[PDB]
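Next up: a structure with paromomycin.
Chain letters run A, B, ... following the sequence lines, proteins first, then strands; residues in each count from 1. Computed over heavy atoms, backbone and side chain alike; hydrogens, waters and symmetry mates excluded. In listed order, ligands and their atoms are each counted from 1. Per the header of the entry, the method used was X-ray crystallography, 3.2 Å. Readers should note that the entry appears only in part, and the reported contacts come from within that part.
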Amino acid sequence: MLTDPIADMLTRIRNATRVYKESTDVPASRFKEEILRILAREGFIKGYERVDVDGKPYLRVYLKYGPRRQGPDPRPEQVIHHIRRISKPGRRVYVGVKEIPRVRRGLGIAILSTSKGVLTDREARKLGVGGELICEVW
Amino acid sequence: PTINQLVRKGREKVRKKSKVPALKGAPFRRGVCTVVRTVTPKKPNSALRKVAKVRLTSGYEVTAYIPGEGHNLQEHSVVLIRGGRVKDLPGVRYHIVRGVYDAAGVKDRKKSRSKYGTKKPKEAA
RNA sequence: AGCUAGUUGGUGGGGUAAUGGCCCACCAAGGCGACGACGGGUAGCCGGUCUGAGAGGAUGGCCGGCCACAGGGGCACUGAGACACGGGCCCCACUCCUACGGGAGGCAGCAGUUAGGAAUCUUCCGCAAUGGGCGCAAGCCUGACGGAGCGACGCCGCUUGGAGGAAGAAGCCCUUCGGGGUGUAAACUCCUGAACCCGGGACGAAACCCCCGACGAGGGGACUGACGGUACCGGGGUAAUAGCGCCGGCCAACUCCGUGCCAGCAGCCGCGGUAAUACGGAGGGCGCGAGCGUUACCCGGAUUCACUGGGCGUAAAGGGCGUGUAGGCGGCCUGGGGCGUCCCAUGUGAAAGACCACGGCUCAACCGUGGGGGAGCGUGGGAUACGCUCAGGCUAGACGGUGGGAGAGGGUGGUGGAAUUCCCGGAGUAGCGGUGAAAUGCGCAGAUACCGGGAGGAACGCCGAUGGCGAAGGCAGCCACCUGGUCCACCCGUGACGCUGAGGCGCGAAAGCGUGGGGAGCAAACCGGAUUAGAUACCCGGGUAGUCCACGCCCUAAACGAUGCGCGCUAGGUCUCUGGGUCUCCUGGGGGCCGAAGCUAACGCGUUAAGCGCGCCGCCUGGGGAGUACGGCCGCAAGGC
RNA sequence: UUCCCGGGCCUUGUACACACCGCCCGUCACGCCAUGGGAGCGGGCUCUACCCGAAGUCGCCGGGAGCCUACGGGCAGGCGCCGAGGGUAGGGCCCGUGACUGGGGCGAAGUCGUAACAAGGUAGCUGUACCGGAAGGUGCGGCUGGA
RNA sequence: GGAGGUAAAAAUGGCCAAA
Ligand SMILES: NC[C@@H]1O[C@H](O[C@H]2[C@@H](O)[C@H](O[C@@H]3[C@@H](O)[C@H](N)C[C@H](N)[C@H]3O[C@H]3O[C@H](CO)[C@@H](O)[C@H](O)[C@H]3N)O[C@@H]2CO)[C@H](N)[C@@H](O)[C@@H]1O
Ligand SMILES: [Mg+2]
Ligand SMILES: [Mg+2]
Ligand SMILES: [Mg+2]
Ligand SMILES: [Mg+2]
Ligand SMILES: [Mg+2]
Ligand SMILES: [Mg+2]
Ligand SMILES: [Mg+2]
Ligand SMILES: [Mg+2]
Ligand SMILES: [Mg+2]
Ligand SMILES: [Mg+2]
Ligand SMILES: [Mg+2]
Ligand SMILES: [Mg+2]
Ligand SMILES: [Mg+2]
Ligand SMILES: [Mg+2]
Ligand SMILES: [Mg+2]
Ligand SMILES: [Mg+2]
Ligand SMILES: [Mg+2]
Ligand SMILES: [Mg+2]
Ligand SMILES: [Mg+2]
Ligand SMILES: [Mg+2]
Ligand SMILES: [Mg+2]
Ligand SMILES: [Mg+2]
Ligand SMILES: [Mg+2]
Ligand SMILES: [Mg+2]
Ligand SMILES: [Mg+2]
Ligand SMILES: [Mg+2]
Ligand SMILES: [Mg+2]
Ligand SMILES: [Mg+2]
Ligand SMILES: [Mg+2]
Ligand SMILES: [Mg+2]
Ligand SMILES: [Mg+2]
Ligand SMILES: [Mg+2]
Ligand SMILES: [Mg+2]
Ligand SMILES: [Mg+2]
Ligand SMILES: [Mg+2]
Ligand SMILES: [Mg+2]
Ligand SMILES: [Mg+2]
Ligand SMILES: [Mg+2]
Ligand SMILES: [Mg+2]
Ligand SMILES: [Mg+2]
Ligand SMILES: [Mg+2]
Ligand SMILES: [Mg+2]
Ligand SMILES: [Mg+2]
Ligand SMILES: [Mg+2]
Ligand SMILES: [Mg+2]
Ligand SMILES: [Mg+2]
Ligand SMILES: [Mg+2]
Ligand SMILES: [Mg+2]
Ligand SMILES: [Mg+2]
Ligand SMILES: [Mg+2]
Ligand SMILES: [Mg+2]
Ligand SMILES: [Mg+2]
Ligand SMILES: [Mg+2]
Ligand SMILES: [Mg+2]
Ligand SMILES: [Mg+2]
Ligand SMILES: [Mg+2]
Ligand SMILES: [Mg+2]
Ligand SMILES: [Mg+2]
Ligand SMILES: [Mg+2]
Ligand SMILES: [Mg+2]
Ligand SMILES: [Mg+2]
Ligand SMILES: [Mg+2]
Ligand SMILES: [Mg+2]
Ligand SMILES: [Mg+2]
Ligand SMILES: [Mg+2]
Ligand SMILES: [Mg+2]
Ligand SMILES: [Mg+2]
Ligand SMILES: [Mg+2]
Ligand SMILES: [Mg+2]
Ligand SMILES: [Mg+2]
Ligand SMILES: [Mg+2]
Ligand SMILES: [Mg+2]
Ligand SMILES: [Mg+2]
Ligand SMILES: [Mg+2]
Ligand SMILES: [Mg+2]
Ligand SMILES: [Mg+2]
Ligand SMILES: [Mg+2]
Ligand SMILES: [Mg+2]
């Protein structure tokens, strides 16, 4: 029944990066589109698009990978090493503007929902809003 | 456990118990011996360790160890309990401070005199 | 695990500076509790202090704030203020004085005594400073205070010298005797100079007071120091205390001799029973140094209660299974509110402490002056993504409808055949049974082997499987009735109706228990025969409960997949059970094996996860003691939780 | 080449590893300690009911009796409720102790047997029931942590 | 040809002890 549709989307992507697929179908929702829009603007995925599957609205997330390595295990490197939910429905996480975590000295991002909309750790710190720490991507 | 279970039950503290019941952790306790004798150690060792059943100022009566070589403890000699058990003696979890009221220091002792309570010898040097 | 009589509310009063059952009269029957009442145990609370990367953990001593007590207990009086520490009344315990009838006292104020204890100080000096009371003032009082004393209790500073000095004295230790070490260490030579002696000598003190000025503002003058002749300055001047722990690994520092599981050491691992770097001493070395070790306690390390930050197949840990109450959590779209959430502004968050600068004591410890924001909470304003609520809509979740499918799912009644045992009849003999071999046992009283008839109880061969069904336990001849679950096709209706589920409730193999029935085979206990040193066992011959039915209990287990439930995602290959189809093949549910990625300590798991994630429940926190004891609840008992 | 002794290669089981001349279980004997039950005994705290009840506030009387400067008044005094505490009785919790008794831990070399680990010589374990010096045996059912 | 699968034996080993 999708107790957590936001964290489920992050796992549908995490399960696809390890199998190296081109795209995967995730349920459609305006809030999930804001999360994927940040993933595309930050360069983690190629993008997304509103598709139709058996009459139901879905979103095809075009995955992204690194160059093909050489030697044993030539599987390409991941552009998304690991993505996971922080604020879960069992334990809600809300942060201000001073209590914002630094994801890998700024190398990684931290998507978080604010009153201004879905922003990153850099955008919410510049606008000075903050809010529900949705997820961290390293 | 889940987050809903932690707000309900929570985490239990350790609350470790004392290994030396000296009445609220007193560093020392005065007492008088009742019997002075020797008891055999455990399997890995074999000797005749000098111990004494001491009845202290708190009603308790526990045996303590007598360190060093040679003593002057009798059936009616007052001593001072220190603490610390003897690995080889079952039941003995205390030590007797040498150099106190009726416990004399180890004679002819020269290396470790802070322990065994021995004075500084002077031989014109 | 239930509690509650002024108990909860109302009306009218008493009392208070003032609300209030604070107390009283009458009326109503309420009030509190798993969001943990009531009861028991412990404890003054905080700023802070210690630790910690942080989050946290521990703690509340000096200092500052609040509270509570003044020998134990009750009470009022005066008063702005007290139920009053050096005011009052009474009771009790103790102490003292008594002409014996009736009198005084309250160190948890400063010192000091006694007792307890491991342990905690002077019956010191002055009101000079600050502050308090009274007084207009002069001034008086002030064990508050400012100081001095004792104590390495802590922190900080300082001394026991500095520069030379032998291829390297004496003694002591080791040795392979050649020498090596203590060791520039010493003596010795120069230099400086803590102690001590002499002289000088404070800051802390400026007002109150007195004059001019109107006893105002402003200006001028005078008095006063406990510390103390201390600090400090100047002159002179003596080479002038070193101790403690450790040297097997952790952990830094190695040799000799003595002892021989003795004496002894030990924080963990562990050393010692004749050559011990681990015992005792010596030399030498290592670490600190007026300190060094030990004990006790707090934090850390311990991510070893895991919020940050842990686990549960086999290491400790999935509840035996289900149904569900509370609770926790919840699909897609559109608005309203703005509770959570976020931002801004404002007030508060005392001082001290902490941190950063600067400065005063010759430095520091200590201390002074600036500066920086916390966290929380109150108020005003704004933002609305998400969580919440309200209203509307949706279909992918869920449930229903129509038509079909398989199955040992459950209960009730009836019914079939094989086999065993016994009875009856006929035929027929000298043994049958049983074992590793035997013997008990049965048998000429006619046994075992055979035929025929009858009685009774229990279990259902082949089919049958690596099979199916159920939530679990568990379910197998055949027929019928009643009845549960489940799967598929059609996509027909409702429309978020969902997941989990502490408690409760129900089911729950075998054994066991109660009442009644039944009892063929089997078979605890029991009895014989064997075996053996012994047999309370294994083997053999008998055999009672029980095994079977009805009703009611008992609630356990290796109740196992040692794997809680639901949902979404992540290669496949192959066997099989069961539906649907344009039945070669595709698709859905279920049971197995091998295995991508991945996971695991490994074995192994791997779309029937132990992989990747979310929700909820249950459980673990080293082993023995122990699933024990006590208590509680349940049970007829055994016994169970 | 069945059997007895020794040996080689592979495989299988193990709780053995100074290694089966291994390991290991329970009872019994002796010693130390702690703890449960136990005729009971003692103490501490607390609760309920009643009896007596100081001081004191409050309320009534202040009269056949008192003192007063204003007297429809005040004071002394008398009575009553509450009340510290004391007494009697019965309960609740906690602690100390008690002849004796139960099991437990711990203590180099004591006695009895062989239960388990190699099909441990009867696969082992397990719930329950009965029996037995003791490990344990047996019945019924279950498990693979056996073939 | 796949399951169902065969016991006659026989107890014990003092304590501590090498990087
Ligand atoms: N939890 C300990 C228990 O000990 C029990 O066993 C206890 C006794 O049976 C056993 O006694 C053993 C004995 O088994 C063995 N056959 C002989 C041995 N000398 C005895 O030893 C015992 O007694 C001697 C003095 O006689 C003591 O010096 C020694 O420390 C002690 N272990 O010693 C144990 C107590 O020390 C059972 N094993 C069991 O219930 C459990 O393991
Ligand atoms: Mg003690
Ligand atoms: Mg030894
Ligand atoms: Mg030593
Ligand atoms: Mg009343
Ligand atoms: Mg207290
Ligand atoms: Mg830490
Ligand atoms: Mg007193
Ligand atoms: Mg008054
Ligand atoms: Mg007073
Ligand atoms: Mg006084
Ligand atoms: Mg005093
Ligand atoms: Mg004393
Ligand atoms: Mg003064
Ligand atoms: Mg003054
Ligand atoms: Mg003072
Ligand atoms: Mg020399
Ligand atoms: Mg020198
Ligand atoms: Mg001055
Ligand atoms: Mg003037
Ligand atoms: Mg000088
Ligand atoms: Mg040291
Ligand atoms: Mg070293
Ligand atoms: Mg020697
Ligand atoms: Mg040592
Ligand atoms: Mg030595
Ligand atoms: Mg610690
Ligand atoms: Mg911790
Ligand atoms: Mg956690
Ligand atoms: Mg763990
Ligand atoms: Mg186990
Ligand atoms: Mg386990
Ligand atoms: Mg289970
Ligand atoms: Mg609910
Ligand atoms: Mg929602
Ligand atoms: Mg709001
Ligand atoms: Mg402050
Ligand atoms: Mg300075
Ligand atoms: Mg016949
Ligand atoms: Mg015959
Ligand atoms: Mg016949
Ligand atoms: Mg429809
Ligand atoms: Mg709706
Ligand atoms: Mg459920
Ligand atoms: Mg049952
Ligand atoms: Mg039964
Ligand atoms: Mg039965
Ligand atoms: Mg019976
Ligand atoms: Mg019966
Ligand atoms: Mg029979
Ligand atoms: Mg024999
Ligand atoms: Mg038999
Ligand atoms: Mg199983
Ligand atoms: Mg089972
Ligand atoms: Mg279990
Ligand atoms: Mg399948
Ligand atoms: Mg792999
Ligand atoms: Mg596999
Ligand atoms: Mg569950
Ligand atoms: Mg039990
Ligand atoms: Mg060969
Ligand atoms: Mg043997
Ligand atoms: Mg061995
Ligand atoms: Mg007792
Ligand atoms: Mg009048
Ligand atoms: Mg009373
Ligand atoms: Mg008693
Ligand atoms: Mg006893
Ligand atoms: Mg056996
Ligand atoms: Mg055996
Ligand atoms: Mg045997
Ligand atoms: Mg057998
Ligand atoms: Mg066996
Ligand atoms: Mg059994
Ligand atoms: Mg038997
Ligand atoms: Mg079963
Ligand atoms: Mg023997
Ligand atoms: Mg042996
Ligand atoms: Mg030994």
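The full list of places where paromomycin can be found here is ligand 1. Here, the chain sharing the greatest number of close atom pairs with paromomycin is referred to in the PDB entry as 16S rRNA. By chain letter, those with a heavy atom nearer than 4.0 Å to paromomycin are D. At a heavy-atom cut-off of 4.0 Å, the residues contacting paromomycin are D/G26, D/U27, D/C28, D/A29, D/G105, D/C106, D/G107, D/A108, D/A109, D/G110, D/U111, D/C112.
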